[PDB]
Amino acid sequence: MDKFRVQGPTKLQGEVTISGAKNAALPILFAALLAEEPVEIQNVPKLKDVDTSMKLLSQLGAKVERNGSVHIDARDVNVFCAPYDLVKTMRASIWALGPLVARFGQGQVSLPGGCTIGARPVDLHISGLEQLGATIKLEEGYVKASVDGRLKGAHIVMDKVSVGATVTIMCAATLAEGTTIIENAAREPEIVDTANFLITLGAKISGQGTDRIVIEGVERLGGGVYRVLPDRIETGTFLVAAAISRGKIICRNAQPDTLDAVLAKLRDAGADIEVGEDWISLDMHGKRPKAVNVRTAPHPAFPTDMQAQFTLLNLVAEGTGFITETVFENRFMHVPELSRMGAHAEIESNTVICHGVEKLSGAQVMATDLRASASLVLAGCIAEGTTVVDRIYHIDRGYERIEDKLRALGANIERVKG
Amino acid sequence: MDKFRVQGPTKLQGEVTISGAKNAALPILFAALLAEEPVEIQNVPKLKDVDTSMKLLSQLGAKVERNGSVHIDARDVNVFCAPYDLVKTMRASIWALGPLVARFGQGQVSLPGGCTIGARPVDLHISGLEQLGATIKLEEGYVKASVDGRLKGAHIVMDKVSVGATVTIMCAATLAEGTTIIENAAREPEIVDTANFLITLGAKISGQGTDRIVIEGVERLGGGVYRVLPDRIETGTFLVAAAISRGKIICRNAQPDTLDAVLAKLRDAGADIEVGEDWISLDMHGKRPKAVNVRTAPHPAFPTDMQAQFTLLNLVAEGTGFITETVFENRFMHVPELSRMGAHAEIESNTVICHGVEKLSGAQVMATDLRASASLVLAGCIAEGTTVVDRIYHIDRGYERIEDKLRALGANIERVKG
Amino acid sequence: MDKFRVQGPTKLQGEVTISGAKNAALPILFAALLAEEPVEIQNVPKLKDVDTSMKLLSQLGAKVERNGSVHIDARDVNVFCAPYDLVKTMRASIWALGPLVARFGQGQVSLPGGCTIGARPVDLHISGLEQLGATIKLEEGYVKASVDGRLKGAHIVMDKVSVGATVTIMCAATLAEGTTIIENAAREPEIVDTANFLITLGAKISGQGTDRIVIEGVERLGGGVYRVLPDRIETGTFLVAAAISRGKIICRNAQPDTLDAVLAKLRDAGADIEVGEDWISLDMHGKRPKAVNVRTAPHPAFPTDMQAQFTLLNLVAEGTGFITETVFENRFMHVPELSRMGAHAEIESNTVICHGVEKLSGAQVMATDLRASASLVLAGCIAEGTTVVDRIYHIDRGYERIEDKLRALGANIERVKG
Ligand SMILES: CC(=O)N[C@H]1[C@@H](OP(=O)(O)OP(=O)(O)OC[C@H]2O[C@@H](n3ccc(=O)[nH]c3=O)[C@H](O)[C@@H]2O)O[C@H](CO)[C@@H](O)[C@@H]1O
Ligand SMILES: CC(=O)N[C@H]1[C@@H](OP(=O)(O)OP(=O)(O)OC[C@H]2O[C@@H](n3ccc(=O)[nH]c3=O)[C@H](O)[C@@H]2O)O[C@H](CO)[C@@H](O)[C@@H]1O
Ligand SMILES: CC(=O)N[C@H]1[C@@H](OP(=O)(O)OP(=O)(O)OC[C@H]2O[C@@H](n3ccc(=O)[nH]c3=O)[C@H](O)[C@@H]2O)O[C@H](CO)[C@@H](O)[C@@H]1O
Ligand SMILES: CC[C@H](O)P(=O)(O)O
Ligand SMILES: CC[C@H](O)P(=O)(O)O
Ligand SMILES: CC[C@H](O)P(=O)(O)O
């Protein structure tokens, strides 16, 4: 277990270049199982989840290689059982199931891992795929899916909003016979990106980014080149880093329209924000943030993947702020870790009530999941003294070179063995 | 999203006439799928859930009409697949499954909605129906049930207490061959009402209201007229309205024996209560309540559907009071909303620790579920200033004309578009 | 509902003799379904769970008798459906399923009860058994398993650590054809004990106590005599009893190597500990404990079954201590009960933050589960005045003669009807 050792307080100031989105790179990598000619995916972050997906892909029979891009040749996929050891390490592995079924008529994928922030069922993926014509059973721990012949498109009303199940159904639909309509579709920018990737390959899709997507199945998808959009959560995290540290930053290679709610909330906190076409600047003008209220919800509302980060901002802000998490039922694990650093929070139900303090103290804390870990490192940067964040591998699932990026803003961080 | 705008403080005083029970009207409406002659159900509240059930019923092929009564002619039911869009909006839709199977040999119902106050599985309904002889599978999101021929009665020990699964098994049993015994049956007054409805139709049932119900199957049920019992929770809510507001009320068209535990607890809080045959009066004699301790449990203990309401009473009472919720695992969502109004609560596990304050403050709050919403409106009536309760549609699931009823007691409420 | 009435404060001092482990006696009793000659199991505690298991065993066709030992003759097992009424009362009943399948080719067991400290799924047991070749379905509430012929050994990587599913797979593997490897196996001392029991009977097992167990199936198991190891949790509870009461104790018939983490934590709390080969002594030298931090995890880390107990120690200790529960998601029910006795705890997520007080007060409290109940009795022993712990039957699931043992240390306890 690597740990980060952080020494504060430090103010965070400067610039950062945003990497491709974790959560777009991932569904695109799996969507490439559909492709029957080679694909190049540009602007792909170097993340643990990306490495594992490439390995998983390779074990199905794909030819895979990366640099700034990931190259995938999926023409000769010939294994339909995903490797369990890889699947259990992340959420995104669930996305092998859909394409394997749609293209090959069968697939077997065990239940995913990922962030331990809820029970995280996959029932809507399974329901969707069944509505498209698949037969599914859970056996030995695998989700085992099949269909004789093609899937058949269907009108599918999603019972609840779900990013991942939207991707599964949209992807599988691209090779079904007929038309699929997804109602109550997730609107996240990563589904738009995924959809636009698919279209590059020859898919017929419209409505992505709205609550309804329409897909007309085609016989085969081709190949192509596609560049992944910037990471909005990595963006938001670095904007929070400057905001809590009374700083200023510019974020380069950004996409500001994927952050409306976040930027507004940062303005509410007292931040001076400007945006251009592909960059965002934040300036606190030396001031401590003001407390804000937040309620998480699906895009384009305030994102659950920025909740932990805003927890911390509210805990060193001026005032009382209320943060309500509606999307996941166990995503306050960062809170007691913050309380070990002197924070004043109280949880009531799905809400953390935060009373901001001027300064935190250094402490031995432990990362529980990707965004909690980032949050605890940011805490360590502004806290007095030394913080040791244990189990920092979590961070590497979602941030390329966080240590380097933060270092470049002024942080004093060390990565340490154990 | 309609909202309520409330202006306080206001004292609540006067009288109210209690409507039929939400939670008896609902299972009776679905039980009427059994009937092979027309039925008249009297004293049926005008509630969102009732409207939806009538529409659902009509889509199966029933002829349905209402005024003070709902009229159902179920003779020509000929669709066995319930409409998903209606089913997802409420709990009660689960009750279409049992009667469809018992009478027609098949039925398909997707998973219900309703109050977001727990995971709310339906496994005991499915287990019960299987014990009666049904074959069940979950596929595309539906619970799909069938049996060749009649169900067969069985001795069924309910693994845990459940209102809804008691109703499902009791209802389905009425057309099975032989005798069914339900052990560990729920005893709620709405199951008694349901049972007595069924008996009006020709069912052979005994033991309702006790922990064991015995049903002897008959070949067919007929028709009839039946009046739904008063709503105990609407009763309790209005009694709490007067209790927290230092008031006095009489509740007309009430059934006081369905409220033993609630009335005792209201006496513990300092209320002067009297009861007659069909009415209940409460007088606080101008005083602020005293804090009480409460533990929810199945009937005839203190009901979970009054828990939110008593949360509020304890938060403006004199003293420290402990409220333990044992029935549902996510039914404290009203708590942080109350804390936004200045309440002093702390949650520990399944318990809210409440330290009563003299006055609340007006605040923008949001309703999460039916009884939380009612509670937040009551809070708004006694709070200083303006409260806006967002997402008030929740209330209309369970209260007919709440705005009008409260207005008649002195409240200053406005319903506002959005 | 029996209750305990406790009068404090009382200091707890003296000696105690530790009984056999609840949680080894239980899996061994069920493992004995494998045996085709008689078995004698020595040092078996007199516990409610043991009584129920013997009755369950007898209803499958075993001949069962006990004194200090339990005698089992399983040669004529001839019923494969476990009695539901017995199964629902405890966790351990799940362990009938594996042996019935491995030896007889079929078995039907409803879902277990036990401690209400989480959802407690059995999916890893079912997945494991399927990997060994079983066919499984859930129907009428039963887990129904079968295989034609023997099971076949498999390489099984356990998706998460699980004590019970490790036992199920290891036990069933003893009669499969070929070799089974369990990776990510639970290492608890009770799995070692179980494994060594099995080996007495002729099983071929190695690796128990490590994260990998290897089993080579044999054709039949025989009989034998085996003595159950001491109860580590009962040990830890009595060590906590003396620690919180500023006392001193010696624990006889103990196994100190099963308690490394606990003993270290007790040293951190200020305890003077000594150990011999089969005994442990603790002396506080008259002092109040110091607060400690704890994080639960699988063996050999700090055990979840001592978490409640250490909650209490931290709440009467000097200082602030943080207790993080990672194993079960609803195991803080003792906390509000402790708060009724004047404790200063706050829960945040999976962590209880404890600020120790000098003295508790007597209160009416209620036991929710086995280890919470023991904890509340210990609280009652050091609290000022009278404590009544309701629903004390929970204690009898895991402690033989707790009342007598504590009495012998100086406690003033009464067991009372209701
Ligand atoms: C790899 C990836 O893209 N991860 C992101 C994705 O996760 P993910 O796709 O897992 O999130 P979902 O939108 O599906 O989850 C939404 C809610 O729906 C539930 N649900 C989801 C699927 C299902 O079949 N059944 C079901 O009940 C979940 O338990 C959760 O409570 O979107 C989340 C919501 O923005 C982000 O936090 C994650 O970082
Ligand atoms: C429409 C209606 O009548 N609603 C009422 C009904 O709901 P409802 O019928 O849903 O409530 P239940 O009594 O069934 O629920 C009791 C507990 O058992 C669980 N459970 C229930 C069914 C099942 O198959 N499996 C299972 O595990 C539930 O998750 C809950 O934790 O009774 C509740 C308990 O008084 C009230 O709060 C609801 O307002
Ligand atoms: C009779 C007995 O021996 N009881 C002990 C046993 O319980 P038990 O065997 O039930 O505990 P487990 O180790 O299996 O449970 C570990 C975690 O894994 C989960 N899980 C377990 C099995 C499964 O199929 N699926 C699954 O998801 C559980 O919900 C829990 O969250 O070990 C626990 C952990 O030390 C102790 O607290 C219990 O006193
Ligand atoms: C929620 C944390 C991560 O983004 P995952 O969804 O597990 O990949
Ligand atoms: C618990 C809230 C409502 O009564 P529902 O059970 O959803 O109809
Ligand atoms: C966790 C409490 C008990 O040891 P059980 O596991 O239910 O036997």
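Chains are lettered A, B, ... in the order of the sequence lines. Chain A uses the PDB entry numbers throughout; the residues present, in order, are 1-418. Since chain B takes its numbers from the PDB entry, the residues it shows come out as 1-418. Note that chain C is numbered according to the PDB entry, with residues 1-418 shown in order. Each ligand, and each atom within it, is numbered from 1 in the order the structure gives.
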What drug do PDB records list at ligand 4? fosfomycin (bound form)
Name the macromolecule with the most heavy-atom contacts to fosfomycin (bound form, ligand 4) in this structure, as the PDB entry names it. UDP-N-acetylglucosamine enolpyruvyl transferase
Enumerate the other chains with heavy atoms less than 4.0 Å from fosfomycin (bound form, ligand 4). A
Any idea which residues from other chains are within 4.0 Å of fosfomycin (bound form, ligand 4), non-hydrogen atoms only? A/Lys22, A/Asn23, A/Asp49, A/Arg91, A/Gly114, A/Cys115, A/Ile117, A/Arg120, A/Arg331, A/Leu370, A/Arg397
Which residues of chain A does UniProt mark as UDP-N-acetyl-alpha-D-glucosamine-binding that also come under 4.0 Å from fosfomycin (bound form, ligand 4) by heavy-atom distance? A/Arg91, A/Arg120
Which organism of origin does this entry record for chain A? Escherichia coli
Which residue supplies the protein heavy atom nearest to atom 6 (O) of fosfomycin (bound form, ligand 4), what is that atom called, and how far is it? A/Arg120 NH2, 2.8 Å
Considering non-hydrogen atoms of the protein only, which is the closest contact for atom 2 (C) of fosfomycin (bound form, ligand 4), and what is the distance? A/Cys115 SG, 1.9 Å
Identify which UniProt-listed phosphoenolpyruvate-binding residues in chain A lie under 4.0 Å from fosfomycin (bound form, ligand 4) by heavy-atom distance. A/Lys22, A/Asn23
Against heavy atoms of A/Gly114, which atoms of fosfomycin (bound form, ligand 4) measure under 4.0 Å? 7 (O)
Should you measure from each heavy atom of A/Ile117, which atoms of fosfomycin (bound form, ligand 4) turn up under 4.0 Å away? 1 (C)
For atom 4 (O) of fosfomycin (bound form, ligand 4), which protein heavy atom lies nearest, and how many Å away is it? A/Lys22 NZ, 3.3 Å
Which of the UniProt-flagged active-site residues in chain A is closest to fosfomycin (bound form, ligand 4), and what is the least heavy-atom distance at 1 Å precision? A/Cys115, 2 Å
Is there at least one pair of N or O atoms, one from A/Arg397 and one from fosfomycin (bound form, ligand 4), spaced under 3.5 Å apart? yes
